[PDB]
Amino acid sequence: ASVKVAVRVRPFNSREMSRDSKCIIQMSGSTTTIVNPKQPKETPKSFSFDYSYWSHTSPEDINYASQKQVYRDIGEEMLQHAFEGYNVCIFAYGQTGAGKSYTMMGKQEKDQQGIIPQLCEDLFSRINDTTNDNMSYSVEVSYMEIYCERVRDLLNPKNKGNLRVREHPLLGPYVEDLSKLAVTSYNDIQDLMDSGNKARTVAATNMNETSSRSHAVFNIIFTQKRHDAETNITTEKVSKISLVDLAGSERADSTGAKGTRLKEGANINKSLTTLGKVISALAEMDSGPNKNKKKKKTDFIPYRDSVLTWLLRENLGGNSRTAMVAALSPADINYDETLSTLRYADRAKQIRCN
Amino acid sequence: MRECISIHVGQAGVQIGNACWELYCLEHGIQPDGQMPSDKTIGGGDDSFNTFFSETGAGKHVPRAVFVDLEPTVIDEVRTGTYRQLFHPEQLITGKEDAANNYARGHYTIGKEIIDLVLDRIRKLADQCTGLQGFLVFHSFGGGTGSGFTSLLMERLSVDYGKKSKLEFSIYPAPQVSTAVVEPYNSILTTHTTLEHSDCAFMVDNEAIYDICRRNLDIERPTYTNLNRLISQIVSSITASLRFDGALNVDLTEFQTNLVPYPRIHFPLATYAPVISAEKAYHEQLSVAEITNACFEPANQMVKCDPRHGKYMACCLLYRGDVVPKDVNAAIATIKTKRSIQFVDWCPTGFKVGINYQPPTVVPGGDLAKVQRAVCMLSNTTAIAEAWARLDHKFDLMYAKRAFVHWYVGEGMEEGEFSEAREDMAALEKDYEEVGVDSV
Amino acid sequence: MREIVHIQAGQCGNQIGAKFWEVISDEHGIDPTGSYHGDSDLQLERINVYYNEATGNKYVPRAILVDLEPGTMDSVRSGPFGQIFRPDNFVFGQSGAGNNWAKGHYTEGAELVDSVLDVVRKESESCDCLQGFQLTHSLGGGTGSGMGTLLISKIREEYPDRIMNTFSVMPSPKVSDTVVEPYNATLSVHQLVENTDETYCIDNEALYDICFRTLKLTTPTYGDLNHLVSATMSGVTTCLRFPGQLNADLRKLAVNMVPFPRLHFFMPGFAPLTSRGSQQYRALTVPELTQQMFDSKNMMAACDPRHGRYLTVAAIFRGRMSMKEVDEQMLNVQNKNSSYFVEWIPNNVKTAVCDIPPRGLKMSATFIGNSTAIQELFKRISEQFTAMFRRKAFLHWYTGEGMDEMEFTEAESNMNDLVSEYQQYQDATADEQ
Ligand SMILES: CC(=O)O[C@H]1C(=O)[C@@]2(C)[C@H]([C@H](OC(=O)c3ccccc3)[C@]3(O)C[C@H](OC(=O)[C@H](O)[C@@H](NC(=O)c4ccccc4)c4ccccc4)C(C)=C1C3(C)C)[C@]1(OC(C)=O)CO[C@@H]1C[C@@H]2O
Ligand SMILES: Nc1nc2c(ncn2[C@@H]2O[C@H](COP(=O)(O)OP(=O)(O)OP(=O)(O)O)[C@@H](O)[C@H]2O)c(=O)[nH]1
Ligand SMILES: Nc1nc2c(ncn2[C@@H]2O[C@H](COP(=O)(O)OP(=O)(O)O)[C@@H](O)[C@H]2O)c(=O)[nH]1
Ligand SMILES: [Mg+2]
């Protein structure tokens, strides 16, 4: 149930370098501080997070958070957790252009890649290396979108209907008639992700013509099979590793359009608020028994306040490890969006700075 | 010449406006329909004072005001009541639902598409004017309509009329009495717009006015009508210097120069001394000294705070009726020698005084006695922080668990705006604490 | 113009709705023929909230009547105000549900839902600005539970932002008339907590106790219980139809009473209630109304507030009264009974005052509580559910219609979770280590 939050800074892009674009985010070890561009000299506001990552300048030998370092910090340990048998969830959050795709996916050259390519490649390599005559591994994948609290399929090419959600008494929440295809190597996963990202629902707004309008989940299910000779295989442990793409929080002033846009923004805001509430209470619960020990009975997590936290019930708590990545836009033009991103990042057991 | 626009938003502002316009029409001789027999009978004078009315050729008098709301239930009372023929039919009512005690609904989901009409009507009213001095926006904290739409309207008018003053009169939540469960959220969300745009925002509390009504007026079961009448008397005392002749007159720019040492401490209290019933109007003298002493009594303050727990940094006494500067100077000299009334070391001047020759006007069927003299005291003091501080405590107990937040986030808002408002209020409180510290 | 669409499904809902239309027409001065013969112009100020105009000056209620059997429809038409409704809105079938949730929801209601939704769409389109929906339905198990939740699901899909309201009679342990009540109750409450925005719990036992003890009646019938429920329903929607010093629109309540989305089950009440024998000895004032309001015997859900703590409370007053009196009385109720109120919420008594009281009362008051005890209303049902689900007592009738076993377990788990959140905040302290 331990929650580790990370925040990352991206380099300038072609448009930002073309224009007169400054750097505004400062980071020291674990403390990140912003400074207003259009009203200086007041007090850079400061927050603390579990990890702060500086990838802005270049491989600057002094404090340059490479992709591999972030991978070793989060993904490798949580992949060890997944192989052990327990569940894992990963979140990606940030506004459009903030650089969350730069961290999750990264460059295609496979020299400075994202979290997902390294995770999948290490998964397949470790599956290949330990595949003896007895132990058998299985990997399966699925892709769904949460849109106005309705689940829709991204892999199946049918008409975009709304799938049903059920609660098996033992296996917990699940989705009905969700497409589920087997994978063997990262190339199939990449093709499935490309098709899904092409199939997702997007709409043009006052900030970007292709802004996200829905949350997305890439679930990967990993199954182990012992093969002791006696009379059984003993499915042993079934571990899920989930990836979540979170849409950006929205204000009515920014997205002033009426009709579907307002409803979508309101639903996104409500879902994100509920997710933050659940993660915060989860982090508090993890901290308490770890240090405090008061089994506090079980209090109560509001797991039923939204569909996103409802579907991932088995990954978000009980016995599992959660993490989130928030990308920051360094330009002054996106100061308010960045400030909102940090304000959301303050969830999950805010800590003390100065 | 000397002209002010009076905007009323929400039920509280609309009802205080009803009381205010009742009092003004009584003062100026204009009958409800809007006609004025005095001008046609005399054929001279200037009884159609431009501070509140515009005169057409036929002799009617249209008040300078717009009565904005989102519920038809309140404005329809005015549109079918006694004063149906006073106002222009452009009442600016929204044919939709209310703000539902939601700041977001008032601000940027339902307030939009109606703010354009309100701004256009204000544009027409100001284009009719020639010597516009300021605005008089009436609202109340704790309501979605009040907070949200006052914030949006103040933003638009500051962008469009940035050089003109914008006074506010508002009702603050009481320490214990409250008629809604989301008042602290609304007040905190109103902080980040009442401070930056309004040039002088005045505060009243319902519990204090109830105590004033019980102790002095001897009304055991008062209602909102008496509160609205008292607020109307306060505003009339403030604005009388622009209409009637006086020995020492005070303009709005003079008010802002005298009551505002620094830009961010423009939040003074207001009080009225001779709030006395007719039965107790006798057995008393009600001299200048008596009313001046009654102004500084802790019992007579209209916000539940203790003046003795702070230091005054500005005071402005507006006298009406048979007064002379000799008595005012004697009263100020008497006040300066009292130990309890402690003044800051950086304000040796201390007191500002204005005198007007027009006595108060009694509303028929009211509760205030006829008095030859009256005084309205405005006071910039440090005690008001206490009235803020308790409210923050309420907000804290409501924000440790995110109660009721989802209704706000479901109408175009993030949970970070609450923290922004909280830090802004903390900064305001820290500035107020800083000002009162004695220099060395 | 805030206007509301009314629906009534099942026998109990139809009866309560008929008495509700009787009360509303009496309030607004509408004759049974649909014409106005009232006294004050204020009755026409907001007649469009519930009614729609018809060419010969007449007024048709914005009601849609639903039932799988024809008996209740004939009883309502052959009644005092039967002719007031629109005949085209009398949508019904010719095969009853037989106290079967699966039959109402999946097989027989699926054929009629198209017709009822077409009529609902026709009624909703004519409105200048729709505010919300109303639906009266009992959880006994017949047409009510099944087709009511089907209607709520469909309307919530069609109108996701308009406020939804329901009035429901929960099962009771001492008063019961069918053998399969817990199954239907759990299945219906699954969809209610999923979809609705406000649900007002009603209990027959509490209404009978109010009749016997407070009203001192001898042989109460269903008419009196419908009368009380109608008084509550009229009191809730008073501020949309009449003016007042402090307005309390349905969305204002939706924001005020609901801290978290799922805890929107409310405890209703009415005052005064005098029994026609102690009327002369009683002094009708705001303090006395408040005394009767927060009394255990005067609540209609058969729950004990002393066995829990209040999350929120709303007191809609009607009449001429001072605001200081109301505010001081609510503060006194807070302070004197502080042990029975949540601490995190600094103030949890919403207040509303209207200017037009009922016809024959100088003043009146409606009470809308939201407390933890309500767990005891759900909890008992769950016990009965297990007592019949441990053995599959009568499931073979439901499975015949095409309902799987797992749905019962899902609904039971949702029940247990909803009970757990009401207790979450109900021990009074939360601190030490
Ligand atoms: C002495 C006097 O004035 O007569 C009263 C009366 O005696 C009492 C006992 C009435 C009476 O009510 C009952 O006896 C009763 C019995 C079972 C269930 C419900 C009511 C009365 O019947 C009820 C009736 O109430 C109304 O008219 C209200 O408007 C009420 N009902 C109706 O308008 C109505 C309309 C059509 C058909 C039937 C009733 C109402 C309340 C809230 C919202 C809307 C309407 C009145 C004046 C009386 C009688 C006649 C004896 C009471 O009425 C209510 C519900 O407020 C019950 O306790 C109050 C207090 C009254 O003193
Ligand atoms: N002094 C005084 N205060 C009032 C009056 N009416 C309402 N209030 C106060 O106003 C508060 C509610 O805030 P408002 O902004 O006025 O609410 P509103 O004007 O109805 O706007 P909405 O919330 O959108 O409906 C309550 O807590 C009351 O105490 C009044 O007539 N006189
Ligand atoms: N208040 C009230 N409750 C009723 C009435 N008739 C039946 N009930 C309750 O409703 C339950 C039966 O549900 P019912 O309405 O018959 O289901 P239906 O077949 O869908 O109409 C019983 O347990 C009764 O307690 C009535 O006239 N008034
Ligand atoms: Mg209002």
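Letters A, B, ... label the chains, following the sequence lines from first to last. Heads up, chain A uses the PDB entry numbers, so what you see runs 4-357. Residue numbering for chain B follows the PDB entry, covering 1-440 in order. Per the PDB entry, chain C residues shown: 1-433, in order. Whatever order the structure lists them in is the order used to number ligands and atoms, beginning at 1.
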- Message: Just wondering what drug sits at ligand 1.
- Response: Taxol
- Query: Which macromolecule here is the main partner of Taxol (ligand 1) by heavy-atom contacts, as listed in the PDB entry?
  - Reply: Tubulin beta-2B chain
- Query: Other chains with a heavy atom closer than 4.0 Å to Taxol (ligand 1): which ones?
  - Reply: C
- Name the residues that contact Taxol (ligand 1) at heavy-atom distances below 4.0 Å. C:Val23, C:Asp26, C:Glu27, C:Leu215, C:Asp224, C:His227, C:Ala231, C:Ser234, C:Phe270, C:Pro272, C:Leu273, C:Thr274, C:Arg276, C:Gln279, C:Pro358, C:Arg359, C:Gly360, C:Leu361
- Query: Hey, is atom 22 (O) of Taxol (ligand 1) under 4.0 Å from any protein heavy atom?
  - Reply: no
- Message: Quick check on contacts: which atoms of Taxol (ligand 1) are under 4.0 angstrom from a heavy atom of C:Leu215?
- Response: 16 (C), 17 (C)
- Subset of Taxol (ligand 1) atoms that lie under 4.0 Å from at least one heavy atom of C:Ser234: 43 (C), 44 (C)
- Query: Which organism does the PDB annotate as the origin of chain C?
  - Reply: Sus scrofa
- Message: Strictly less than 4.0 Å: does any protein heavy-atom distance to atom 42 (C) of Taxol (ligand 1) fall in that range?
- Response: yes
- Under-4.0 Å protein heavy-atom contact, atom 49 (C) of Taxol (ligand 1): no
- C:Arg276 heavy atoms, cut-off 4.0 Å: which Taxol (ligand 1) atoms fall inside? 51 (C)
- For Taxol (ligand 1), find out whether one of its N or O atoms is nearer than 3.5 Å to an N or O atom of C:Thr274. yes
- Interfacing atoms of Taxol (ligand 1) (cut-off 4.0 Å, heavy-atom, C:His227): 18 (C), 19 (C), 20 (C), 31 (N), 38 (C), 39 (C)
- Task: May I ask you to list the atoms of Taxol (ligand 1) that are less than 4.0 angstrom from any heavy atom of C:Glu27?
- Result: 43 (C), 44 (C)
- With atoms numbered from 1 as shown, which atoms in Taxol (ligand 1) lie under 4.0 angstrom from a non-hydrogen atom of C:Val23? 44 (C), 45 (C)
- Task: Look up atom 45 (C) of Taxol (ligand 1) and tell me if a protein heavy atom lies less than 4.0 Å from it?
- Result: yes
- Item | Atoms of Taxol (ligand 1), numbered as shown, that sit under 4.0 Å from any heavy atom of C:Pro272 | 58 (O), 59 (C)
- Message: Suppose I only count heavy atoms of C:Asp224 and a 4.0 Å limit; which atoms of Taxol (ligand 1) are within that range?
- Response: 17 (C), 18 (C)
